[PDB]
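A deposited model with ZK200775.
Quick note on labels: first sequence line is chain A, next is B, and so on, each numbered from 1. Each ligand, and each atom within it, is numbered from 1 in the order the structure gives. Heavy-atom basis, side chains included; hydrogens, waters and symmetry copies ignored. Only a part of the entry is shown; contacts are counted within it.
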Amino acid sequence: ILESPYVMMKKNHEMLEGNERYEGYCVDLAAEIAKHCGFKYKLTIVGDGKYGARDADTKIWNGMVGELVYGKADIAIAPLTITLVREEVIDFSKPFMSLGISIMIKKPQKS
Amino acid sequence: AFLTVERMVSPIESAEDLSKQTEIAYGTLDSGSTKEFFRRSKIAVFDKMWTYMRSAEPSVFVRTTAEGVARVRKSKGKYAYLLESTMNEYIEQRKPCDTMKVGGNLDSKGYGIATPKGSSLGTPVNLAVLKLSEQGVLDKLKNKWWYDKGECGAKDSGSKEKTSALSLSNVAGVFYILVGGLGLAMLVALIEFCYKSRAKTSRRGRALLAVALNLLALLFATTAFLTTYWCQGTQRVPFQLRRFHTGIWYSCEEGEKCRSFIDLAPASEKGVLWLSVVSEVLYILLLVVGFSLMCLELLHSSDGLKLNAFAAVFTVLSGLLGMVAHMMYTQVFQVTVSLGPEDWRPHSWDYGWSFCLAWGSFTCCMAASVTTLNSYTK
Amino acid sequence: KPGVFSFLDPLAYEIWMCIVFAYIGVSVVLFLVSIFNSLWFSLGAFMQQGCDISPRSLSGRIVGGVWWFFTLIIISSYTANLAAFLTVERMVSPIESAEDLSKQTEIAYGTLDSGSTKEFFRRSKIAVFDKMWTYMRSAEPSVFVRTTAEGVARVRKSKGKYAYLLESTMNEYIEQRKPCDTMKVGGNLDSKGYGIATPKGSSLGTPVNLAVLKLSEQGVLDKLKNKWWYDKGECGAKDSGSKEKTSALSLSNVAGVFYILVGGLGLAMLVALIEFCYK
Amino acid sequence: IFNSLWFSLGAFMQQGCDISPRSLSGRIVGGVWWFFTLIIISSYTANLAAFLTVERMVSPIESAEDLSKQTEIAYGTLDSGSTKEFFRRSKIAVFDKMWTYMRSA
Amino acid sequence: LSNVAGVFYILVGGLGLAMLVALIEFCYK
Ligand SMILES: C[C@H]1CC[C@]2(OC1)O[C@H]1[C@H](O)[C@@H]3[C@H]4CC[C@@H]5C[C@H](O[C@H]6O[C@@H](CO)[C@H](O[C@H]7O[C@@H](CO)[C@H](O)[C@@H](O[C@H]8OC[C@H](O)[C@@H](O)[C@@H]8O)[C@@H]7O[C@H]7O[C@@H](CO)[C@H](O)[C@@H](O[C@H]8O[C@@H](CO)[C@H](O)[C@@H](O)[C@@H]8O)[C@@H]7O)[C@@H](O)[C@@H]6O)[C@@H](O)C[C@@]5(C)[C@@H]4CC[C@@]3(C)[C@@H]1[C@@H]2C
Ligand SMILES: O=c1[nH]c2cc(C(F)(F)F)c(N3CCOCC3)cc2n(CP(=O)(O)O)c1=O
Ligand SMILES: O=c1[nH]c2cc(C(F)(F)F)c(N3CCOCC3)cc2n(CP(=O)(O)O)c1=O
Ligand SMILES: O=c1[nH]c2cc(C(F)(F)F)c(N3CCOCC3)cc2n(CP(=O)(O)O)c1=O
């Protein structure tokens, strides 16, 4: 999914092609897995813009998980939060980035 | 009392402060796992925060994340926002950089590489995560994509001085009256070098000016006797907008309209207002006593200074009762704002325009006095 | 420990210079009334001690009034700021990040003499962590302690000028244990995770892995973290954070004015003896 | 020695004295001790202001939640009885923390 | 301002009491 600073567009993405058009934190990670596991890769943006939630009515995964479960996608290198119900259908690796809910407030003003 | 309470206030760090305070609001996105987290959490701090946010009117829940960015920025620190810490790093790097991340994480969540279940790639990719995290190349890219991409500093976050002392800029508004009093005095010294150098019209022409300043002192007395509007009384509700333009006695409201609304509550304040009318009338009457004795000087210009010495008594006793009367009304007008003036309170609370004028009536009563005792020296 | 420069706290160092700069700009004006004499008559208008030259009703009365009005403002403001320091008393920590330890050298810092943490700085390629390891391999005497409790006591005995690097969850717990004279500052230097391990290929491995994502989802782990770090913690933080109700003035604060007291006297004794030779 | 003993009281705190050693070394001697004494007294004001405020800042405790909040004033029950048993049994976190304190007291 | 206002009545009241003193001492002379 196009998220800063994980997957971003180039200023000259029209001057680039394919995987070159994309940039960010997860984009450099995609090079390192290819350096580790030896494969060519295709960075694809998710169509619906969803992270891969589950429906409650159809119980159909949308998003990246629906691209992973239904054979549309080969792998995901993306800010995907590891939950219980997501591991029920696919397999995460170990987490590369621990995080949590944080408090954004204003900075103390210089007046 | 200022500098202590200013230093007594601690910035909030933990979310337990948000369960403790209520002045700074706080919210999450209107849909997502983060809002779901407080909805689900059983910890009493997180439950109380969710109890607040479900009772938060107006709604702290924003629709986009950038809406939560701007709503913190526009509310000026009295609205907080809860978001993902790695994104909270990056937005703090993005300019204007007027927000910041405080405290630790509220929970533990992890981004991890996902494969379809049963794929052959899943195991060496999982080993690749434990390789790159071991070598810190992820942290090197975290330094890249948050701090080599960060607009506001990489280490400049630690450049904000923590609890330092009183600023020089606190003492800069008195510098312009310091230097400005010096340059105004240099005009006085150079002209008095020419007043020593260029040299019945002395005692008479200054005494007629003392009569002339009392004539202006009479007119600004009558000017604030009916103020055009004492305050722009604003109750601009985004109901609808309200613009009271209330005089000193008649409370006009404004399409054009005017009413009296004289003599509000309370009764002890009424006896102050009945005493306020006394100091208004004794101000103007002792002017007229001061006019009549100076018209005897006009007959002396056609006793003398002995009655002008008696005339200087009542003109000072005029203006001092005006200094009573100027303090009778505005203290009461401060008292009426403490009542919450029944439907006509100002939010542009600002004295208007004849009260600055009847100020100058008093100094015309006293500038008449300083020159009529100058003629008393002879 | 306060002292000389610490007396000058309630008025800032730029304000100490600008109060003396605008001081001498006033005294040149009163020389035109009667530069050489009015330098002390500006000290007559410094705070108190009403001076003898009175520029009666000319412009020097205005110059003699405004600076006199200016200085009575400050000594009120200096007293009000001093009362703020003498009542609030927020003892701030000196350092937060480990980049400060790459920046300062007065407070030492170390790890255990053997372990992955010492190995981490030995391996790290980040220049801050590399400089810290460059310091610690050059640290004489050795900052590396042999047990973790030795690293606890060496911080406690060195009185703040020795820091120590350890695991943050243990750093929570030792800060809870009395005397509680140590504390944890800053965030983590890296990301490490404790995780439940099974032998490879065991049948239990998958639902146990699902059990971790269940309990972390429900915060029962955090409830036990509240249990085993804060219901087991001896020094309750906000219960211990609100404990200071102390009292009367020190003497090192006044002692910084003694050196400008005696130093102004001995400098004046040079002036009197040479003016006995200028006569 | 004979006169300036009171002119040192002229430079004691206030009351600007009549002998003025105009611009010689006595102007420096008359200035520094005068500068010295205004220090003591401004700090004496701020110390006393730090006294009476904090004296009035301290509220007497009224609830037992204060005893779960403070630790300077100790608190206990009888060594045997239903009252001690009450804190031993109570599930409210304020009363539980008080019992946690008193078993660790 | 009400805190200061209690000192205004002893301000102005000290002035009007003094004006009685000055006029009678003009007759004591
Ligand atoms: C408009 C839409 C709306 C929604 C929708 O309607 C219209 O409904 C959706 C519906 O949901 C459809 C999906 C249903 C689920 C389907 C799953 C299917 O993959 C399945 O079968 C394998 C691929 O065919 C997968 O795994 C393969 O790829 C790797 C995954 O990591 C495996 O590792 C590899 O196994 C090994 O293969 C040999 C080598 O060792 C290695 O290459 C590899 O390690 C497998 O590749 C093949 O492996 C062979 C041996 O296993 C078999 O060919 C078969 O594996 C087993 O497959 C079993 C399936 O019954 C079979 O019984 C068994 O005998 C087979 O051995 C598999 O092909 C396996 O993970 C998975 O289960 C996928 O390709 C298509 C799929 C997503 C479908 C795509 C289209 C949809 C989404 C439909 C469509 C969107
Ligand atoms: O797996 C998930 N990964 C996510 C990753 C990110 C980002 F930070 F951009 F990487 C975000 N954003 C932060 C704020 O909301 C807008 C975008 C949301 C994510 N959500 C949605 P949740 O349900 O609210 O957690 C997921 O589900
Ligand atoms: O898997 C490991 N788990 C560990 C867990 C802990 C503890 F915190 F006690 F749980 C500690 N300590 C840190 C505090 O002082 C006492 C020992 C060391 C650990 N080590 C050794 P490393 O090689 O230095 O990392 C491991 O290897
Ligand atoms: O029924 C009971 N009635 C009680 C009545 C009283 C008194 F106040 F004297 F009336 C007291 N005291 C108060 C303190 O202890 C000494 C005497 C104890 C009582 N107890 C004992 P408990 O188990 O500590 O409650 C009971 O059981």
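- To find every copy of ZK200775, look at ligands 2, 3 and 4.
- What binds ZK200775 (ligand 2) most in this entry is, by the naming of UniProt, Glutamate receptor 2.
- In contact with ZK200775 (ligand 2) at heavy-atom distances under 4.0 Å, by letter: A, B.
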